[PDB]
**Q** 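Before anything else, here's the structure in question.
The sequence lines fix the lettering, A, B, ..., with proteins before strands; numbering per chain opens at 1. These numbers come from the heavy atoms of this one structure, side chains and all, not from hydrogens, waters or symmetry mates. As the structure lists them, so they are numbered: ligands from 1, and atoms in each ligand from 1.
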Amino acid sequence: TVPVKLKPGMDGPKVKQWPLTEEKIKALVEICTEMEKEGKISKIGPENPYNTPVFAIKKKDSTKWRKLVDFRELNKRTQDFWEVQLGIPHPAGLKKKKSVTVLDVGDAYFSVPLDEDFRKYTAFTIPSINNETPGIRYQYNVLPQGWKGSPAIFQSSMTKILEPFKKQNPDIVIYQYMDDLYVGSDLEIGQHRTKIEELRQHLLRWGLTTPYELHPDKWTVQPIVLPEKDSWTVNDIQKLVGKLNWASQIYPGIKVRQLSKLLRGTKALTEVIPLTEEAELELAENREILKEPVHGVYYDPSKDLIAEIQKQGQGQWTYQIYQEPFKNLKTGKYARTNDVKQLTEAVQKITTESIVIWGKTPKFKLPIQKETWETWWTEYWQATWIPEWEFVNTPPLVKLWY
Amino acid sequence: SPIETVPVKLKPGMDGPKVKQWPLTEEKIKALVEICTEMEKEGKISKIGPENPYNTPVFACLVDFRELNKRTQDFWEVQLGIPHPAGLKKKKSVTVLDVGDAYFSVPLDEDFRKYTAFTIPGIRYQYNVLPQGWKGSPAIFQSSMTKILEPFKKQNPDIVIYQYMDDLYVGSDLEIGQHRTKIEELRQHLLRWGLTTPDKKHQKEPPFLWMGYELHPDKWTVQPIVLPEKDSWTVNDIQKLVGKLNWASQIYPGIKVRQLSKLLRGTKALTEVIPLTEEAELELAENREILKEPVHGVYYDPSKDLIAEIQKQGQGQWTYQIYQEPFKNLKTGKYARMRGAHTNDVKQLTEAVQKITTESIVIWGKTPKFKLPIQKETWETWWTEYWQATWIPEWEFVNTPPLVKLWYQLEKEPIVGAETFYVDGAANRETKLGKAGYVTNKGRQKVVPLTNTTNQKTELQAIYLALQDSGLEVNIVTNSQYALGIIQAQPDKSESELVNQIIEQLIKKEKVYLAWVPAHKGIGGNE
DNA sequence: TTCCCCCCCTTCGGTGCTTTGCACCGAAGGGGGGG
Ligand SMILES: Cc1ccnc2c1NC(=O)c1cccnc1N2C1CC1
């Protein structure tokens, strides 16, 4: 086994367990009873003080429930075992391939055992309805699915499994993030699907049980546009000066001196204003200036990306990924049932794109109540990873994105 | 007694008790030795020589294990929550058992017995069982009894057994004569492991007093609340009354505490008197009238659906009941927390709905179907327009007033012919004096001097001046994001009476449009 | 002169704009039922 060192001078995972539905508890009981026979998990006693939350989910077009353990505190504590010991350099060409396919290789982690000294740190509890009985506890005997150290130990086996394939097909790009594998290529759909199927078989003959296409050319950051009115009015003109005034901070080549020159004395908001030609020039030039990309915005590894989502209404959400404010690395819209479901899918899509582009999930700022999210986010989730989310307290008053 | 022990450790850089000689009065010293000799007979405590450098202070009324409790490793929490009677399934027969010397009938870890050194002034001994008063003892006892009880349930699954510390409630649907033979089987099984459960003639009879509930086999109720009688109440008296009313609300419908919760504000002294106003005393009398008669809950039937009515008592206080059959509440409760300075009734409905959602997930394992006093189109408009995300699981309208409705609404585009105002407010930050006023497009103008109001307050009440000096169709232009954010949320209650007056003005107007313009750009009338 | 497990309300401290006043939120006090 590979010994695992915690970051020096820190405690362990002591996290409470969220209450769960009857269906998601029957699923957990059945899954863990089946996992204990294989020896993957081991029942534990009172001498173990640690805990991490556990939920159950379903995959795309799947009926079988899947156990899912939240390992975020453990990752924050064991990132010494990764940053020092394995920092995987993110491929740069992954952003451009015509199609990237995402595959689940988490089951391949069940083969390799876990360090015996570390096991006590991965304890978890299946609770009971109404606290009628003490929840049954367990511990991992093999490498878990969710930890950031689990793929780092298995790097050698996946390289050995994938090398007889990387030799034959050097064009495709294979990247690994947590339990998930991204394979990117420029082939057409028909050849790409068969290529991915035969690749799955190369792993299967190597003894991997491995069971989905995002088009990266479509993933391009969106431009900003000034509003266009053939007929201008006092309310419409005042709105533009504010929108441009907000825009000045993010793009500092935008000017509103002549545009505000018309508005000098009280006038009914509804009244039409003939627009002066000199001001029309500033409007004409400004729309083009908005298209021109900002300069100085280059990804920096030292900091962590932060993602904002703003509900624009009628199924439309707009998100921005920024290392620091007024400098956006990406910017986009998501259009789509429900409203917590829409935010869940938006979060998943944003972080999948962020993993493809920069190789790390952002810190999300969610426009939802903390308690409603913590109740319902696990009902429409379908990803083995989980980002770090905060919640916002005040309306987006600017809201000048859509 | 033949039970596998739990291997205990200690924290790094720690040791056992180093307590020095403990003084004791002679009559206690000689008298207690007989218990120590007695316990040592069955082997609960064993004499040890000088190999132990640990000693523990002696108390008589009992061992001061605080030194070990502080220096011992952390353990898993024994009780992360207790059942709620509403979720208990209905049993035909229920029985209570109490295992004697339970903390003494489970052995202690061999390597840990050494640290439990106790000396009588003097000869020493060490505990061979789970020492009472220890930090980790309840968890170890719980684990041991779980292991002991599992096989019996494995043969017989038609019974259900619950372990509250030492107590063992056993329930079944078997006939009384056939239930007694099952309880005798359980008694024999616990005898096989050496546990002193009582005989048939000493077992308790229903109801059972557990955690403040009287539990019957086919119903449940709350421990009788004796309402304090104080013509001159105090801080402590009001606190106790509020606590007992909050506790008692879970089965007595419609209990108010907010009027009495108000009186507990800003009282540093514990004893200083707080007279009950007319409202507080009236509410207290009504609560006494409610508690006059006794009401009982019923037991969850997992073959029927869950309904959760929600009513509004007014003033931001909500009551709810949960039942399966009509007029048979499984549970009741109230939601009354105020969140934020400004909010309205729809948002508070949302918070109440999600509260009941979480509680019903915890207690019953599934979400109920709400019967809400809100119109479908009202909720639809609110969630489509609001800037957050929210989703009420499942609900239907109930035509039981008072209903929920947003008392007003703004306009999206400026109105033609509507009178247009250009407001502003300023205040001197050093002296807390300022001005507020507007310049209407038609020509009307007005300015007000102001004291004891900050910049935000004056910018907020410039809107009040504009609304006062307007008609019905008004187009206000504001140069303040703070006031805009306050007004734009459609608040219908607040902790500021200025905003209360603003809301009262805004409900009167037929159509109000308000817009925002930047500061320092010299836009139109603003400059 | 214990450990605290939940239920509720008020008071108060830190954070982040809505910026040196004000907006939410979690962490200290009490009560209630506990053993
Ligand atoms: C305190 C407690 C906790 C959980 N369940 C029960 C009890 N005690 C009862 O007396 C009881 C009463 C009614 C139904 N179930 C009960 N039982 C169940 C076990 C038969």
**Q** Could you check which drug is at ligand 1 for me?
**A** nevirapine
**Q** Counting heavy-atom pairs under 4.5 Å, which macromolecule has the most such pairs with nevirapine (ligand 1), as named in the PDB entry?
**A** Reverse transcriptase/ribonuclease H
**Q** If you measure heavy-atom distances to nevirapine (ligand 1), which other chains fall under 4.0 Å?
**A** B
**Q** Name every other-chain residue that has a non-hydrogen atom under 4.0 Å from nevirapine (ligand 1).
**A** B/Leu88, B/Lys89, B/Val94, B/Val160, B/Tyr162, B/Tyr169, B/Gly171, B/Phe208, B/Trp210, B/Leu215, B/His216, B/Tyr299
